[PDB]
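Caption: dequalinium together with Putative regulatory protein, bound form.
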Amino acid sequence: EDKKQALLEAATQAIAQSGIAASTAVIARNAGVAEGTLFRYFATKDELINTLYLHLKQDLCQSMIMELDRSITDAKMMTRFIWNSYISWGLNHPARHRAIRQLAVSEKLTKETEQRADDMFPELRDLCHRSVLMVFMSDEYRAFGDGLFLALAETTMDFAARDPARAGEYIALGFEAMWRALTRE
Amino acid sequence: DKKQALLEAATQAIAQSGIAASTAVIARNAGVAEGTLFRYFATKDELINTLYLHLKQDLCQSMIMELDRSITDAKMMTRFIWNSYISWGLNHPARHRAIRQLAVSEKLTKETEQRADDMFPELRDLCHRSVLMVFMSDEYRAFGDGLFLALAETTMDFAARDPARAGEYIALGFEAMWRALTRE
Ligand SMILES: Cc1cc(N)c2ccccc2[n+]1CCCCCCCCCC[n+]1c(C)cc(N)c2ccccc21
């Protein structure tokens with residue numbers, strides 16, 4: 001539904017600007033529909049959080065797969081592509097990125113929502129289990145591992161954005177920082 | 001009670017919504033009026049520099065306060081310090097979110113940065129020794145600080161919402177930080 005879609009887009013800008021606490025009424029006005037129209041698509045605010053996130057994460061992963069040169073047979077060079085695509089996505093889509101960050105840090109994501117976010121780039125689990133330190137694949141510390149990678153990717157992005165001039169150098173500098181910190185001997 | 005009033009409001013405000021936090025909102029959250037804030041700080045960029053120096057001074061005092069010299073080995077040294085950083089952040093999440101924002105606005109002046117590094121003279125010297133040259137440079141020093149803050153801030157979040165394993169996160173966090181910006 002272009003109407004569903006409109007709602008997802010309005011939800012993106014509203015959440016980007018105000019957080020998950022963004023009024024379900026304000027979302028509806030910006031989408032041109034009535035608060036009830038929305039309730040028929042997203043039963044609860046939590047189910048919205050979860051559907052947005054999947055839709056944003058989908059988008060994020062389409063960019064990555066598309067930019068991924070499947071002829072790259074080197075793990076580090078492969079990780080470079082993911083790192084590069086992840087950063088470009090955020091730079092070219094500030095709202096989608098702000099929004100997806102809130103959702104992911106909202107504490108309202110179902111485990112169901114998690115497993116659906118993986119099936120969108122399964123061969124990507126393949127990279128980690130090759131390069132990443134055993135402890136960061138650990139059931140106890142993988143969340144932590146991904147976190148470090150993410151905070152590292154976010155700062156690189158802040159810099160690249162605030163100082164366009166040098167982005168390429170930040171992006172490179174940030175990758176090597178993350179490789180030495182997260183990756184195997 | 002003067003400028004001290006504003007610095008706290010500025011802290012929370014900048015911690016809540018970033019460096020974009022208005023001088024209006026800061027005064028309200030302070031009690032005084034937007035005009036009052038500008039009494040104590042000529043400009044906003046002057047508030048940024050002063051707030052940074054105020055929080056930094058508070059962090060260093062505490063790191064210095066918690067450093068035992070008996071610990072000679074440089075490795076174990078930095079680990080004891082990193083520990084002191086994590087605790088402070090975990091004790092004052094707002095102060096730490098404000099410091100991090102301020103850490104790389106672009107508005108910190110040079111005398112600000114210099115006066116910043118002369119507050120804990122020996123840590124400075126520690127850094128300058130073991131830390132990738134590019135992260136000491138003028139054009140990437142701030143980025144090196146950003147990366148360091150991101151890693152610490154991530155440790156503080158995990159340690160905080162999963163206390164059961166705070167000692168492990170703090171440890172994995174240290175190592176990751178170590179390999180990331182350190183040396184052999
Ligand atoms: C903004 C934002 C901010 C957050 N704190 C956050 C936290 C949790 C989840 C999403 C988050 N988001 C949004 C996150 C959306 C998912 C982002 C995943 C992009 C790709 C995953 C990267 N992947 C990871 C993780 C770790 C690796 N070692 C690795 C190595 C090689 C290749 C890929 C690799």
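Proteins get letters first, then strands, A, B, ... in listed order; numbering begins at 1 in each. Side chains are part of it too, since the values below use all heavy atoms of this structure and drop only hydrogens, waters and symmetry mates. Every number for a ligand or one of its atoms is a count from 1 in the order of the listing.
All instances of dequalinium together account for ligand 1. Other chains with one or more heavy atoms under 4.0 Å from any atom of dequalinium (ligand 1): A. With ligand atoms numbered from 1 in the order given, dequalinium (ligand 1) contributes 1 (C) to contacts under 4.0 Å with heavy atoms of A:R101. When non-hydrogen atoms are compared, dequalinium (ligand 1) lies under 4.0 Å from neither the backbone nor the side chain of A:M178.
Considering only non-hydrogen protein atoms, atom 27 (C) of dequalinium (ligand 1) sits nearest to A:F149 CD1, 3.5 Å.
Residue contacts with dequalinium (ligand 1): A:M64 is included, with a non-hydrogen atom under 4.0 Å away.
Using a non-hydrogen distance threshold of 4.0 Å, A:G145 does not register as a contact of dequalinium (ligand 1).
Between A:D126, A:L124, A:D146, A:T79, it is A:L124 that holds the heavy atom closest to atom 21 (C) of dequalinium (ligand 1).
Only side-chain heavy atoms of A:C128 come within less than 4.0 Å of dequalinium (ligand 1); its backbone N, CA, C and O stay farther off. The residues of other chains having a heavy atom under 4.0 Å from dequalinium (ligand 1) are listed as A:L60, A:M64, A:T79, A:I82, A:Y86, A:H97, A:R101, A:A104, A:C128, A:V132, A:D146, A:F149, A:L150, A:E154.
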